[PDB]
J.: 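One structure, pasted below without further comment.
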Amino acid sequence: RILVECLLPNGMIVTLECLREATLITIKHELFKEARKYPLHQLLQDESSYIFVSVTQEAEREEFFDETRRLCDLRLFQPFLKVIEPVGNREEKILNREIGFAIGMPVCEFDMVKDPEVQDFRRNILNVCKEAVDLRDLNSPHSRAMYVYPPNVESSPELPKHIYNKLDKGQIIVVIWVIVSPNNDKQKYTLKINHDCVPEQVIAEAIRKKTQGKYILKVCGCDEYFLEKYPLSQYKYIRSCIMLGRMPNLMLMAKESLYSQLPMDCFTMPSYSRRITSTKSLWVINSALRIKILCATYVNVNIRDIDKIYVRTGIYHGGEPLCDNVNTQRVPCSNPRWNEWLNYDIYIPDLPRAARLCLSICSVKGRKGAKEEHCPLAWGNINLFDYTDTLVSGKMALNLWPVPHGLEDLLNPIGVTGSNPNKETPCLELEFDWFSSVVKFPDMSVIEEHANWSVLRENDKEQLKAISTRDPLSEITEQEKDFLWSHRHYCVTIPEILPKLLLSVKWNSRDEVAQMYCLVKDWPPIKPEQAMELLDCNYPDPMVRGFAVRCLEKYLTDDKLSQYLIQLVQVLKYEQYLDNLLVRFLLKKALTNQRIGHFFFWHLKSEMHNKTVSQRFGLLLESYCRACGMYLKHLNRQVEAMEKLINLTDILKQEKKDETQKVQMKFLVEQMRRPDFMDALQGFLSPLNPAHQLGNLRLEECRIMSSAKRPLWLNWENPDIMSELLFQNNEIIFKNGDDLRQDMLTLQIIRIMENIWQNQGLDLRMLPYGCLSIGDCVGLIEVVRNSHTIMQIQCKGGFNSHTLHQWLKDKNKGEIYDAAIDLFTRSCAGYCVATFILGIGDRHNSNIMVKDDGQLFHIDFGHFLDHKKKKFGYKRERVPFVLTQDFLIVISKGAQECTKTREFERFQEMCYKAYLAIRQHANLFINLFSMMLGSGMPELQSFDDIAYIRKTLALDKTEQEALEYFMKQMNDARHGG
Amino acid sequence: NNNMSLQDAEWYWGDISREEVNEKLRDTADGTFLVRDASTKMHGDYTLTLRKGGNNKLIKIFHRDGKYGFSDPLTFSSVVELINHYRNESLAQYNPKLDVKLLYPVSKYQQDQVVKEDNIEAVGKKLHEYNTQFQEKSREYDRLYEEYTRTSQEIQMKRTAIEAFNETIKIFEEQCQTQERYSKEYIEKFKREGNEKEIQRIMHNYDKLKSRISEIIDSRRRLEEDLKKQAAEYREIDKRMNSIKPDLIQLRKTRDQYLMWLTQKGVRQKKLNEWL
Ligand SMILES: Cc1nc(NC(=O)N2CCC[C@H]2C(N)=O)sc1-c1ccnc(C(C)(C)C(F)(F)F)c1
């Protein structure tokens, strides 16, 4: 039902009618019988030796070797098809289309890029892809199995003492379901086994009760497999069941019935892989860094409003100037030409390897007294050293970036380097002094020798300890820095002091740095939590960032690496070059563990709309999708699935943002009913959790939530055979319009908090549900079943402050009633401390919702810290507690005198313990926030914002003062509400 | 005679967070300085913030046994004595690598005098007037930004659609080349023996091809017109925001300055936010 035109190879044109779902084969076959009735049909050949071709919406000259595709999937720009002789590697071309569809941009684009760094990365990374792909295949089919279904274990074999007490003598009652009856008949056994038994013993003991091993244990319902030889209590599923006291269900499956599903995956080195004097060391040059500013191609400023403009430059080294900034004379707005040799005081031999050049175009307003009003118009940094250790020289042109709105500063040392890919933006021509040859940064061989040329117990070990234990953002005074550096040789004995000892080094003097290099080369290894701090924007040196990764590789466990994935993705943007040790580490991990890979991909993919990092992430995504293996087909199915949602959601915003909800719901049901959409939204793994797989969509349950953005409620039947044991449905909110990056960080922090509390001994049960941002202001939210918002309960139970208590008592009445109230208290305590430390505000009766077993959890975080106090300045910061009459009534079992009930005091005491517990681990929470500075979250742009945490935790004060400071907060809000 | 009270000193700023010191010492000449209470809040420390080399060097003042100094041999009787001494003596004596003098103190009065009409009644009206302007400006600024960002998307989509038009035009042109080379003379012309196939078949096909190529070429030109008009409008929105933004910055400073020195210090009120 679509008119198309086919350009036969005999210089003919044929008009033809096609079915929008018609495949290429049917159309190619149908076409030729039409060609016989045209003047030059004799030169035609058979169907074979011919393939179609067209232009896609992405404007790609793509030849469709894989004829099985149909018209709708084609995404043709216009309905025209050309027929030519297939040329090239058919299998290679088919893969390239698969990769391009997943990463959202044609792979041919990276072929066009002429930058030698981009091309070297494309072919140099591949040796990483090969090693991972070979490693997964070291021991088949076993090794290939762990990659696809990696053990979901925890890093600590030994149970917390508080949870070891939930096992009678450490015995676990595990139910085992064996499904061997041909008529899908399920058998269940009950086992009592030690917590430390390896899964094979569980299998070994399981058979005897029924009366290598040939069998593997699967989690009944969600397809997670117990493959590796770990204590059965270490697996996250088994550990969780203990905590919740539920009965753990497992099923026995034959290894053959699993190895069969694992399809052999071949990684072929792509085509581009096969495709393809006088040097002066930096230290020999003797001069001062001088840079010439020639002209600016065009600036978008108004002559009447702006008096003059100038270019402001500085030699930054990871956020701190290496010397005084410099300015260019103020030239008139209408004519932006300078041609001036800006001159800096940084001697060339003293330029640090990670030195940069931050510059901007600022407009001077003045025009009133002597109050200059400066407002930058553009910015852009450039590394002074080539990715090959070469100092830029000769002329250059740079396209500047729009100023990050909300940034009042006149330079952006934290922004990404390189030109603006767009060409219709202010271009500033530079010109770097030419030193008669190529200047390379000295190699480590010379640097170490230089340090040796220029190079006693102490009683003040307390001062070193005192500093080393301080906050990452704590004030560091000049006397201390001089103290730290003077005692650098004795700082090894406190290895976690390195982050402080690095700041005390003056990076603008090659005698200092050469000595810090000879010292970092022997630093005792450090905990991965501390090494992650050496990767944010404050530490740009390659040898410092190289040390941090070596710590990550040999101490970061796959569980922790999964928890800190969002942060580790962000600190990729702080890498000045495309080929760095961190990316090789991260990719090596993503290619040996599909769980990491799934979130590695989705984190990069969600940030492809951002042109600052679109290129470097796009190249990374390509290298991954090339070697991910058979997973690429699963990812493509997810990607195609989300796109149908985005398009459908958009139609309900720009087209149906006014009519009634019933019309919207009726319109939505029709749109879901169409088979084209119907097949895309079924039978794919859930992006939130790959281990869950979504079956048939339930049209009767999917509905348009009536919230602010009107998100989308989707119900998927679990296709697993033993779905009944675990949840029998997946319900997911698809949100298009609200940024979800804050919630991911908020929910990631809550999960980290609860982990710390558990280890301490406080069973404060948080509920950090699943949230994932897939694209730009679009994401997925997991739904927690059998839970209601406080507003729903009051409205449903309608008023009185006891309405919440009455509802909670009814849901579980009897001896259990004690268990509920305890869970309400433990949960409510955890969230009061968490919503205060992070300054989450606006908490009301619609983003506080409570399960039926009494547990309470917060939803709809969005803004954190006090962004709402930054915009509309409210002088002093901080927020009060939300403990309301309702929560107090429930906590004290409905006693009329809520404030000083006996059980209330245990509530306050456990709030204190929680507050102190997080405070002792404030280093970690500071590093997590700092690594997210460049993410572009409006609430988190500078160390000014992270300083808010340093208040709520009262980091500056002492432990006693902090606790007493906290108690003041609780009392104030307690009787204040 | 020159050792007055630290409280009445014009550079000692009292209790201010490390953050507050930073905005005041922003883009200032080497030698800008000020003094404030230590972050620990244990009175008797008085950290010194000195701007040198584009950095905010942060020096500490020790107060053992009722004396003061930077190093252990405390040899000063008060901060004002210490600050005054280094307002004419270079710090190189203290540190060889800190060759500066305390040149441009950040006077608390010098900037505080910027605000006027200390009477609270006038401040309440004056503050409300600035807030209404500031809120209107921010509302107006946001309107342009969303349009500016939204118009950026339309430009990018339009630009790519042009490239797709380039490919389609290029593809068709190559076919016209092959058709004329192959079927124009080799087959039909050699078959020029009274057959009407060339007259009807070949000619009808070729003309249909030409009308198709031209039509595509025409659509590309019409698209380029929209891009050109959109690109110019895209630049114009940039100018409006580039002028609105600097103005909006000044209002923020002024509104805050009144609140700091009139609505909070002069008269502490919970009514502060009621004026707005
Ligand atoms: C975790 C979760 N669970 C919900 N609903 C149920 O759990 N149930 C359980 C039964 C039916 C339904 C109910 N409220 O009776 S909503 C929800 C959630 C999580 C995060 N943000 C939101 C909103 C409202 C801000 C958004 F984004 F959806 F608009 C909702």
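Lettering: A, B, C, ... assigned in the same order as the sequence lines. For chain A, we keep the numbers from the PDB entry: what you see runs 19-229, 247-311, 322-500, 523-865, 872-1050, in order. The numbering of chain B matches the PDB entry: 323-598, in order. All values below come from the heavy atoms of this structure, side chains included, with hydrogens, waters and symmetry mates left out. Ligands are counted one by one from 1 in listed order, and the atoms in each one are counted from 1 as well. Determination method: electron microscopy, 2.7 Å.
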J.: Hey, which drug is sitting at ligand 1?
T.: alpelisib
J.: Mind checking which chain alpelisib (ligand 1) touches most? I'd like its name from UniProt.
T.: Phosphatidylinositol 4,5-bisphosphate 3-kinase catalytic subunit alpha isoform
J.: I'd like to know the other chains touching alpelisib (ligand 1) at heavy-atom distances under 4.0 Å, if you can.
T.: A
J.: List the residues forming the binding site of alpelisib (ligand 1), heavy atoms under 4.0 Å.
T.: A:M772, A:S774, A:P778, A:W780, A:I800, A:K802, A:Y836, A:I848, A:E849, A:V850, A:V851, A:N853, A:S854, A:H855, A:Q859, A:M922, A:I932, A:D933
J.: Of all the non-hydrogen atoms in the protein, which one sits nearest to atom 20 (C) of alpelisib (ligand 1), and at what distance?
T.: A:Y836 OH, 3.2 Å
J.: What's the shortest distance from atom 6 (C) of alpelisib (ligand 1) to any protein heavy atom, and which residue and atom give it?
T.: A:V851 O, 3.5 Å
J.: Which UniProt-defined domain of chain A has the greatest number of residues in contact with alpelisib (ligand 1)?
T.: PI3K/PI4K catalytic
J.: State whether the shortest distance between N or O atoms of A:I932 and N or O atoms of alpelisib (ligand 1) falls below 3.5 angstrom.
T.: no
J.: When you measure from atom 11 (C) of alpelisib (ligand 1) to every protein heavy atom, which one gives the shortest distance, and what is it?
T.: A:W780 CH2, 4.4 Å
